[PDB]
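Here, pomotrelvir (bound form) is shown bound to 3C-like proteinase nsp5.
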Amino acid sequence: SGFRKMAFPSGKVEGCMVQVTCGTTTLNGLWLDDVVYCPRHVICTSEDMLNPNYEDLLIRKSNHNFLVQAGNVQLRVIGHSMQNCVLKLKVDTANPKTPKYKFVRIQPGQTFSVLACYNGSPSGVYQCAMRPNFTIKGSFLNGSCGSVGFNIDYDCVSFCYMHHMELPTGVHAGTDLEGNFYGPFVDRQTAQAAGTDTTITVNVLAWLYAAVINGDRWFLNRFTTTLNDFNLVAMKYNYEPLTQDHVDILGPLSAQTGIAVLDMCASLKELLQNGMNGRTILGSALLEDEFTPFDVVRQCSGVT
Amino acid sequence: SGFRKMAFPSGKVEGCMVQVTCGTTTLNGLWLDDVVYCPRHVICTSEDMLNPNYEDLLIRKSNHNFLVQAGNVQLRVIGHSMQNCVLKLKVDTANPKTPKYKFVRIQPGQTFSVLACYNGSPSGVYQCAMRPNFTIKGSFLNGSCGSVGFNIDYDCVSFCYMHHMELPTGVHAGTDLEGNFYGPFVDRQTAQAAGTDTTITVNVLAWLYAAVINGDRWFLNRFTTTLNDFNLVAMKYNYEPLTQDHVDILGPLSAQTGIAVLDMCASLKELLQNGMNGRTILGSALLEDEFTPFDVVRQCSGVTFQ
Ligand SMILES: *C(=N)[C@H](C[C@@H]1CCCNC1=O)NC(=O)[C@H](CC1CC1)NC(=O)c1cc2cccc(Cl)c2[nH]1
Ligand SMILES: *C(=N)[C@H](C[C@@H]1CCCNC1=O)NC(=O)[C@H](CC1CC1)NC(=O)c1cc2cccc(Cl)c2[nH]1
């Protein structure tokens, strides 16, 4: 038993992390086959960061303006192109530790593992959710950029995230591995607001199922509700609307516990309306929205 | 910015995890050089587990009663000894991925990373504190035993933990890598009490400093206190007594923030006595005691591993 924020094992991803320097900017790259992927903002001076014409800046740059170190081994940069907000640096060497991999753009509400890196070295691994406003609540310092977010499926790494920036709210923004930002953000040195930070309703419910499987049941009521009655309340508390598809996603958890999604929806409704009175669920005095139904099953059936 | 419960990179440890089977019992072992370390309870049937004579059970076993698989690779067992609550299985092959390693028995209030494994396959990594009552708040299902806890220092792995059991309170118990339990636990199919779960006071304070470095300051007051006045409140809430040594360890976080340890102690005292008024600190509506001062500095300065 027990329920923890669990990251995927980081071994397959550690092997792909390298250092990318350009002038004074150093950050992290992802070395897959003969390509290093890093944030295009590596080519900027502080002057350029304010209103960068990335097209023009990249024209002034040559292969030899990029210093790529993989551990102690310098990689020769033989090519440089720009795909949306990522630089693809062609190197003369295939990463021999390239794991089987995909690039996926994850949907809001989905979680992934972040391997936080400085100077191409892993510091640590933690789990994050792509919030509905397309931000993540991470732990990212200077030089963290190019750190990547990933999921592991069979032997296959799905890279979904590359870190580019911090927002004034202290939350984080980045791209998929094709360089397209999650959400409205631009790679430019400017205070950028995210939307209002709505709560991933289906994740709260999954987590409540995690709670029941681990013996926290005090919030179970004999009440029920309809999807439309639930959504009417939840909207008032900036909860994402719950869809039939979300009910279907929760099915396995619903079956393991014997509680219909709509019975649990009735429980969450009481919790939103009456608060928690300083009781805890799975050790939390707040409602947790960063576990997917998948995260909950992984931990409460034993997938490896 | 941001402060998260962060585990060590698991790459160096992943290569050491294997499957150990004996009769129908399968769990995880740790393969370093030509030795596999697993929980001795791998030799038990359900009929034995309640009052096991491990000495007698192990005598009925031979090298060939142990199946060790590393991924698909069959390891031949050529030796077996019991040290405390671990089996050392001598195998014919040195783990080619053996990282530089130590075995360390960590102190209560110290943290480590747990690589949760089933059938010798790593499922995930999370950070845990050895609590003052020598339990950890983990996530462990059947077959998770032999999962290890570790720290990374430079390129050197310090293995401090091997998972053996759950307690009725829903917390976890295990050994160091020489098979000696943390705390009073025995490897027997029996509901065992941990002590009162005292709070690691030094860690709450470090975490409050982490909060200030990340811009949460609402709990800072004009007040200060003495160690003796603080401990008088702390004791009341089953907080560990704050020692002079703990004040000394908090020095650098105190200096980085410019809040004196006793000013932060004054803040914690107000938080224990008045609660948090339903506000959050680093996204928590409770006080977090599972970050060491060291964890806070590492994460807030951005320290990496070779
Ligand atoms: C990448 N190495 C770096 C990560 C940042 C650094 C600051 C602390 N934490 C992080 O997540 N990204 C970076 O410096 C970016 C580069 C910009 C996108 C082109 N800059 C910012 O994140 C940035 C700029 C501004 C302006 C105003 C307010 C805020 Cl919060 C800003 N963040
Ligand atoms: C190891 N594979 C396994 C891990 C356990 C299994 C149950 C869920 N969580 C875990 O962490 N440990 C295990 O089966 C041990 C084996 C015994 C110690 C030698 N047994 C227990 O954890 C166990 C026995 C009892 C009896 C009463 C109450 C409780 Cl909480 C118990 N836990």
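Lettering: A, B, C, ... assigned in the same order as the sequence lines. The numbers used for chain A are those of the PDB entry, and the residues that appear cover 1-304, in sequence. In order, the residues displayed for chain B correspond to 1-306 in the PDB entry numbering, which applies throughout. As the structure lists them, so they are numbered: ligands from 1, and atoms in each ligand from 1. The figures here come from the full heavy-atom set of this structure, side chains too, leaving out hydrogens, waters and symmetry mates. Structure determined by X-ray crystallography, 2.2 Å.
Taking 4.0 Å as the heavy-atom limit, the other chains contacting pomotrelvir (bound form, ligand 2) are A, B.
Contact annotation: for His41(B) versus pomotrelvir (bound form, ligand 2), heavy atoms closer than 4.0 Å belong to the side chain alone. With a 4.0 Å heavy-atom cut-off, pomotrelvir (bound form, ligand 2) is reached by the backbone of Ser1(A) but not by any atom from C-beta on.
Residue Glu166(B) has at least one nitrogen or oxygen atom sitting less than 3.5 Å from a nitrogen or oxygen atom of pomotrelvir (bound form, ligand 2), judged on distance alone.
Grouped by UniProt domain, residues of chain B touching pomotrelvir (bound form, ligand 2) are mostly found in Peptidase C30. The part of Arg188(B) lying near pomotrelvir (bound form, ligand 2) is the backbone, judged by heavy-atom distances below 4.0 Å. Within a 4.0 Å radius of atom 14 (O) of pomotrelvir (bound form, ligand 2), the protein contributes no heavy atom. If you look at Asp187(B) next to pomotrelvir (bound form, ligand 2), the close heavy atoms, those under 4.0 Å, come from the backbone and the side chain alike.
The proximity of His164(B) to pomotrelvir (bound form, ligand 2), defined as any non-hydrogen pair under 4.0 Å, is limited to the backbone. The nearest heavy-atom contact from the protein to atom 11 (O) of pomotrelvir (bound form, ligand 2) is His163(B) NE2, 2.8 Å. Comparing heavy-atom distances from atom 30 (Cl) of pomotrelvir (bound form, ligand 2) across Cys145(B), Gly2(A), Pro168(B), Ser144(B) singles out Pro168(B) as nearest. Comparing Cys85(B), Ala191(B), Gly138(B), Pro52(B) against atom 27 (C) of pomotrelvir (bound form, ligand 2), the shortest heavy-atom distance belongs to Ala191(B). Of the UniProt active-site residues in chain B, the closest to pomotrelvir (bound form, ligand 2) by non-hydrogen distance (1 Å) is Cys145(B), 2 Å. The structure places a covalent bond from pomotrelvir (bound form, ligand 2) onto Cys145(B) SG. Heavy atoms under 4.0 Å from pomotrelvir (bound form, ligand 2) belong to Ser1(A), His41(B), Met49(B), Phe140(B), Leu141(B), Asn142(B), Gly143(B), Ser144(B), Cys145(B), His163(B), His164(B), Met165(B), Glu166(B), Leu167(B), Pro168(B), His172(B), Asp187(B), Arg188(B), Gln189(B), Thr190(B), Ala191(B).
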